[PDB]
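Step one of this worksheet: look at the structure below.
Along the sequence shown, the residues carry numbers beginning at 1. Side chains are part of it too, since the values below use all heavy atoms of this structure and drop only hydrogens, waters and symmetry mates. In listed order, ligands and their atoms are each counted from 1.
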Amino acid sequence: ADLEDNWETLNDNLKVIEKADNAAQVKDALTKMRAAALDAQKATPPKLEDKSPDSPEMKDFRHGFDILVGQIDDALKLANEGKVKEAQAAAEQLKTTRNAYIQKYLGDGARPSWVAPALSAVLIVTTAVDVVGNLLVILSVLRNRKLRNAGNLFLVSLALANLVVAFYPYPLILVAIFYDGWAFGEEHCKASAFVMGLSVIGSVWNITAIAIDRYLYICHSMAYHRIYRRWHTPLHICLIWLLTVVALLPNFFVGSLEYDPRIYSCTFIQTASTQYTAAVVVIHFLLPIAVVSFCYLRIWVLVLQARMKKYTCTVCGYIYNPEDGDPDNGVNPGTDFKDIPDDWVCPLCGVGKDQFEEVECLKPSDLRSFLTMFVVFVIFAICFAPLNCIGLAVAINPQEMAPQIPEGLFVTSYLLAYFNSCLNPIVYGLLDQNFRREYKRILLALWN
Ligand SMILES: CCC(=O)NCC[C@@H]1CCc2ccc3c(c21)CCO3
Ligand SMILES: [Zn+2]
């Protein structure tokens, strides 16, 4: 057997020990991994093919292999006794000495020169804008009480999902570019991928929970106020985050959280299990996009039919807001002007509905800022649409569609997925006039 085929063999049996149940399954995997380690030792590397068999370049690899074999001897003594958790720890210790020592004259490192300066620039820009912008969102919602109670408590949850990915995984990815390879341990590798999982899936379900809250506030607005919202929304934020952790646990069993050299980041692997990836593309993308697309379609048909809209008085300038109503004149909050009985008159000048003109302009701050949150969703869809397509193609047939996907296309798609983390406060400033004022309020306070 060739050295290239043996490099895969002992690496494939190492993944078996991680998903093993008893010590006999570990002992059977350690026997195959030791025979492959002896075989790869009695083979010249393709990279150092020019280097002589006695010369000091190939002589260091021959002495380096015996260090890894002795580590299997220490691991098999634990496996004979019946220790699985102790032998799995010894297997991870041999895995670190198999990518640092053994991977010297081995590797298909044919990555184009543009992936390193782009990824890193995107990563610097994203991490810098995220830690500042999303922090200002947290600050503006915690300060402004009128904005917080306007269903923007979910924004704290979404901004924390965006922030957490900039503090732990993004900087480690940047170190993995400059040092060329994952410079941190396997425990730091699996965790970085998991943190990114919470940030991605958590953002999907936070956007959907917002689409439901903004669907119920415009459509079935009467029913909305009848149902409590005091303690309901902090409970929903807790539930959607626990659902995310539950959805991320099968990664620990399948073993899909490993280092990807293509994008220099320790992330989720699409080829590990085509059954679990299919569930991530459908249940955690295709389905939640479909329920949100319906939510905003029902809102847009109301705006198009000129339904829930502000009506201003052509006598004393009284602006009737459907979100406010007219409670002292019987109009309970959340009532459309087209539904108020014809006997109703202005509660300021007493002129009838006859002389009432609507605002033929929808502002992005109106109806709990429905337009901004819509833009937020469309932006999210754009960033994660190609990556979910790659994961969909591999799930169908990985035997022919996995090598068919270009390496350049994967980096281009993963660059967008990362960049989404800093884009959310940018759209709050440009579209939401109330957030814009609050951004200036905090920035002027930090100055003076
Ligand atoms: C289409 C499949 C895909 O590429 N999905 C996004 C990869 C994201 C981001 C990192 C991470 C970690 C764990 C995890 C997931 C991800 C999906 C479910 O478990
Ligand atoms: Zn009036």
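- Per UniProt, the macromolecule in most contact with ligand 1 is Melatonin receptor type 1B.
- In this structure, the drug modeled at ligand 1 is ramelteon.
- For chain A, a heavy atom less than 4.0 Å from ramelteon (ligand 1) occurs in the following UniProt melatonin-binding residues: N251, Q270.
- Near ramelteon (ligand 1), meaning a heavy atom under 4.0 Å away, lie these transmembrane segments of chain A in UniProt's N-to-C numbering: 3, 4, 5, 6.
- Other ligands and ions with any atom nearer than 4.0 Å to ramelteon (ligand 1): none.
- Other-chain residues and nucleotides with a heavy atom under 4.0 Å from ramelteon (ligand 1) are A193, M196, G197, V200, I201, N251, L257, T267, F268, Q270, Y276, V280, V281, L387, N388, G391.
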